[PDB]
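Lettering of chains proceeds alphabetically from A, tracking the sequence lines in order. All chain A residue numbers match the PDB entry; in order, they span 99-107. Throughout, chain B uses the PDB entry numbering, with the displayed residues spanning 670-918 in order. Both ligands and their constituent atoms are indexed starting at 1 by order of listing. We use all heavy atoms of the structure for the numbers below, so side chains are in, but hydrogens, waters and symmetry mates are not.
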Amino acid sequence: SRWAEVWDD
Amino acid sequence: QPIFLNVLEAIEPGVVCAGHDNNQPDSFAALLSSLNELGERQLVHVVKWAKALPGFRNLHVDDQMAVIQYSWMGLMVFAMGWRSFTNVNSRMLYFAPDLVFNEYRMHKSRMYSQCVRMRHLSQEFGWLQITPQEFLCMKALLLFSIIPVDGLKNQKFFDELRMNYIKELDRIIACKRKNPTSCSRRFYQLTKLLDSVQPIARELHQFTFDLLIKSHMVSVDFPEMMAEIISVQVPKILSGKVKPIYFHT
Ligand SMILES: C[C@]12CCC(=O)C[C@@H]1CC[C@@H]1[C@@H]2CC[C@]2(C)[C@@H](O)CC[C@@H]12
Ligand code: NA
C-alpha cells in the first residue's frame, strides 16, 4: 500500500 | 526544563503547499481535489513529525500507525486553525499558502458549516490568547486523543505516554504562574479547547467519507493514502468502534 510505502521511507 | 518544548519547536513542520491553481475558476471538484492532495502531503509530514515526538517509539509499531491514522484530521485542523489565526487573524481558512479559503470557496466546497466551525476554532486561539508553546503541546496531545474502545495492542504504553503529555501541558501552564488557582483555570480552558476539536473532526470525517463513496460521481480525486485511511480507518470512527478521549463530559 501507499501508506506502508511512506511508513518505510 | 525547556527540554520538552525545545523538541516540539524543533520538530514542528514547516510550510506545506497544496499545489492549487489559483488562476483557475473555483469549483467543487477543483477545491476538494486540492484539499485531498494537501491532506496527502501533510500526512507525510505528520508521519515524520509523530515519529520524532518524545517517547513515540515506546508505542507498539501497530499502535504508532493507528493513532496517526485516527488523529490526522484533528491534528491537521488544529494546526490549520493556528495558521489562520497567525496569518490572517482567522478571517479566512489558511489551509496552505496557495489554498486560502474565503467565504466563496467555503460555499463552493459544499462544507460551509464545517468551515465555519473551523474558523470558530481559529478564533478561539485569539479569544484565549493561546501561546505558541501551549499550541505545540496541545497539538502533540491531540495525537493521543482518539483510540478504539477495545483498546490498543499495548494500551499500557499509550496510557503512560498520554499521561506524560498531559503532565507537560500542565508544566507549561504552571511556568509563568505561581498561583495554583490560575493554573487550574487555564488548564480548564485548554482542555475545553482540546475537546472542541473532536466534534469538528467528526463532521469532517463524515463529510470526507461520504465524498469518497461518491467521488467518481463528482470528479473529486482522492490520493492513495487518503483513500485507504478514509475507507479503512475513518469508518471505525464513524461506527463508534474508535472514539475520542474527552477531558470533560
Ligand atoms: C485535512 C485537510 C487538509 C490539511 C488541513 O490544513 C486541514 C484540512 C481540513 C479539511 C480536510 C482537508 C483534507 C481533505 C478533506 C478530508 C476532504 O476530503 C474533506 C475535508 C478535507
Ligand atoms: Na491501512
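- Out of sertraline, flufenamic acid, hydroflumethiazide, indirubin, dihydrotestosterone, the compound modeled at ligand 1 is dihydrotestosterone.
- Here the macromolecule with the greatest number of atom pairs within 4.5 Å of dihydrotestosterone is listed in UniProt as Androgen receptor.
- Other chains within a heavy-atom distance below 4.0 Å of dihydrotestosterone are, by letter, B.
- Annotation: atom 6 (O) of dihydrotestosterone to nearest protein heavy atom, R752(B) NH2, 2.9 Å.
- If you check which protein heavy atom lies closest to atom 9 (C) of dihydrotestosterone, you get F764(B) CE2, 3.8 Å.
- In terms of protein heavy atoms, atom 12 (C) of dihydrotestosterone is closest to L704(B) O, 4.1 Å.
- Contact annotation for atom 1 (C) of dihydrotestosterone: protein present (non-hydrogen atoms, distance under 4.0 Å).
- An N or O contact shorter than 3.5 Å links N705(B) to dihydrotestosterone by distance.
- In the PDB entry, the organism given for chain B is Pan troglodytes.
- Here the protein heavy atom with the shortest distance to atom 11 (C) of dihydrotestosterone is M742(B) SD, 4.3 Å.
- The bulk of residues of chain B touching dihydrotestosterone reside in UniProt domain NR LBD.
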